[PDB]
A.B. asks: 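Structure: Alpha-1-antichymotrypsin in complex with doxorubicin.
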Amino acid sequence: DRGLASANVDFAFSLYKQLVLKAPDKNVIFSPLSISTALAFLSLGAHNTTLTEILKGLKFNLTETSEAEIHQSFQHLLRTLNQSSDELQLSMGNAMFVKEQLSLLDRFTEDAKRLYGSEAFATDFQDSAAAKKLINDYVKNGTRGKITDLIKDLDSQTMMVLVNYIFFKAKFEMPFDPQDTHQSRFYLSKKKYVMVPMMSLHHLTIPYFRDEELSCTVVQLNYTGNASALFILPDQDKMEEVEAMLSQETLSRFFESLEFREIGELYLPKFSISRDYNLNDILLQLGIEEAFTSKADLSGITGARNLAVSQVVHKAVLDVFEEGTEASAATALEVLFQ
Amino acid sequence: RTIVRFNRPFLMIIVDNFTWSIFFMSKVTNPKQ
Ligand SMILES: COc1cccc2c1C(=O)c1c(O)c3c(c(O)c1C2=O)C[C@@](O)(C(=O)CO)C[C@@H]3O[C@H]1C[C@H](N)[C@H](O)[C@H](C)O1
C-alpha cells in the first residue's frame, strides 16, 4: 500500500527532527518502522480520541483509509518484509507481556496474533527482575543478541508491555576491501577532528546526485537482496541546513534525481553507534496525548478504560563495516492500570 | 575523477527497495569508538 509507505516516511522525518532537538550534535540512530509498528499495534486496542490521536500522529489520513485497512496494511507489510537468505537477513517481531490475571478481550488477542504476529506472554510484573528478564530475553533473541537491555527500569505495577523488534544484516553489493581501510581524519567540526578507520573503494559506478541548492551530495550503496543505503553528505557546516530541508518530498527528489556516475574514490568510515531514548516527550509533541493521561481509552484491550501508557522506550544500533551492515532496534510501550 | 569523502557528519537511511520502508535512519556526527 502506497498510503502506508507515505505515512511511515512522514512519521520517520517527524520523529527524526524531534530526536535531533534532544541533543542536536549527538549521533542519532533509530528505526522509525519499529516505532510506527509498535504504535499501530497499540492502536488495535484504542478507541475514540486516544485512537485518532495515535493514527494521526503516525501520519495516516483516516479520511482515505480506515482503521481496518491500516491494520491490514501493517499485516501485509510485516509478511512482505520478514526475509532470510545467505544474501540478506530481516526479522521483525511483536509481542505483548501481560499480567497473568488481567482479562483481555478475545478480539484483541485474536487481532494481535493475526495482524501483528503477536503472542501474549504471562508476566509477573510485581517480580520486576524476572519480568525485565523475560522481555529483554525476547528482544535479545529477536535481534540475535544485538540489543539486550531495552528495559532498564520497570514499574512493578505494570500491567502490560507491547514490544516490537527489528533485526537487519546485509552484505554490500560492492564490498570494501579491508586492505584499503586506513586511519583518516573525521571532522567533528571545522576545527575539531579525530582519526577513524576509513574504508575506501576506487573506480565504482553508483547512483549519485549533487544538490547545489541544498549544498549536499547523495549516493546509494546497494545491499545484496534488495535493500540499500542512501547516504547524504552535507558540505562542511551545512548539516543543520540539510536537516531543515528533510521531508518525504526531499527524499523523493533525492531518489529520483540520482543518476549513475563513475566515482573515482569513495571514503566511508567503519563505525558502530548506539542510542537509546525515552520517547514520551516526543510522542506528546507529535500529538499522541490522551494515551498518557487518565482520559486514555485503551478499552479495546480489556473491555474497560482501565489502561494508560506510562513509558515508551526505543534502542537502536548500527554497525557499518567492509562487508556490509548490521542494524537492530526495539521499541517497548509500558502500560499501567488506571 | 569525482570524489566522495565521508570525513564529516552525514546521514544514512536504510531502505527496502520494493516497499520503500525506512528500516533505519541515522546521523553520524562522530563515528569514533
Ligand atoms: C517518496 O520516495 C521514497 C520515499 C521513501 C523511500 C523511498 C522512496 C523512493 O522514491 C525510492 C525509490 O524511488 C527507489 C528505491 C527506493 O528504495 C526508494 C525508497 O526507499 C530503490 C531503487 O533505487 C532501487 O531499486 C535501487 O536498487 C529504485 C528507486 O529509485 C528510482 C529512481 C532512481 N533515480 C532510478 O530511476 C531507480 C531505478 O528508480
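As listed: the chains are lettered in turn, A, B, ..., one for each sequence line. Per the PDB entry, chain A residues shown: 23-360, in order. Note that chain B is numbered according to the PDB entry, with residues 367-399 shown in order. Each ligand, and each atom within it, is numbered from 1 in the order the structure gives. What you see below is based on every heavy atom in this structure, not just the backbone, and it leaves out hydrogens, waters and symmetry mates. Determined via X-ray crystallography, 1.7 Å.
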A.B. asks: List the other chains with a heavy atom under 4.0 Å from doxorubicin.
C.D. replies: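 Chains with a heavy atom under 4.0 Å: A, B.
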A.B. asks: Taking the non-hydrogen atoms of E271(A), is any one of them nearer than 4.0 angstrom to doxorubicin?
C.D. replies: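 No heavy atom of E271(A) comes that close to doxorubicin.
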A.B. asks: May I ask you to identify the nearest protein heavy atom to atom 22 (C) of doxorubicin, giving residue, atom name and distance to one decimal place in Å?
C.D. replies: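 Here the nearest protein heavy atom works out to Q242(A) NE2, 4.0 Å.
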A.B. asks: Answer with side chain, backbone, both or neither: which part of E278(A) has a heavy atom less than 4.0 angstrom from an atom of doxorubicin?
C.D. replies: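 Both backbone and side chain.
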A.B. asks: Taking distance alone, with no angle check, do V381(B) and doxorubicin share an N/O pair under 3.5 Å?
C.D. replies: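 No.
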A.B. asks: Show which atoms of doxorubicin fall inside a sub-4.0 Å distance from at least one heavy-atom site of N244(A).
C.D. replies: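 With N244(A) as reference, the close atoms of doxorubicin come out as 26 (C), 27 (O).
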A.B. asks: For atom 12 (C) of doxorubicin, which candidate among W386(B), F389(B), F231(A) holds the nearest heavy atom?
C.D. replies: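 Looking at heavy atoms only, the winner is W386(B).
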A.B. asks: Name the option, out of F277(A), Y245(A), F276(A), that contains the heavy atom nearest to atom 8 (C) of doxorubicin.
C.D. replies: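 Residue with the shortest heavy-atom distance to the ligand atom: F277(A).
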A.B. asks: Who gets closest to atom 24 (C) of doxorubicin by heavy atom: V31(A), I388(B), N383(B)?
C.D. replies: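 When every heavy atom of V31(A), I388(B), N383(B) is considered, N383(B) comes closest to atom 24 (C) of doxorubicin.
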A.B. asks: Per the PDB, what name belongs to chain A?
C.D. replies: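 The entry uses the name Alpha-1-antichymotrypsin.
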A.B. asks: Going by a strict under-4.0 Å cutoff (protein heavy atoms only), does atom 29 (C) of doxorubicin have a neighbour on the protein?
C.D. replies: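 False for atom 29 (C) of doxorubicin.
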A.B. asks: Give the atoms of doxorubicin, by number and element, whose distance to some non-hydrogen atom of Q270(A) is under 4.0 Å.
C.D. replies: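 Going through doxorubicin atom by atom, the ones under 4.0 Å from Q270(A) are 1 (C).
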A.B. asks: Okay, next thing: residues with a heavy atom within 4.0 Å of doxorubicin - which are they?
C.D. replies: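 At that heavy-atom cut-off, the site is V31(A), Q242(A), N244(A), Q270(A), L273(A), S274(A), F277(A), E278(A), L280(A), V381(B), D382(B), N383(B), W386(B).
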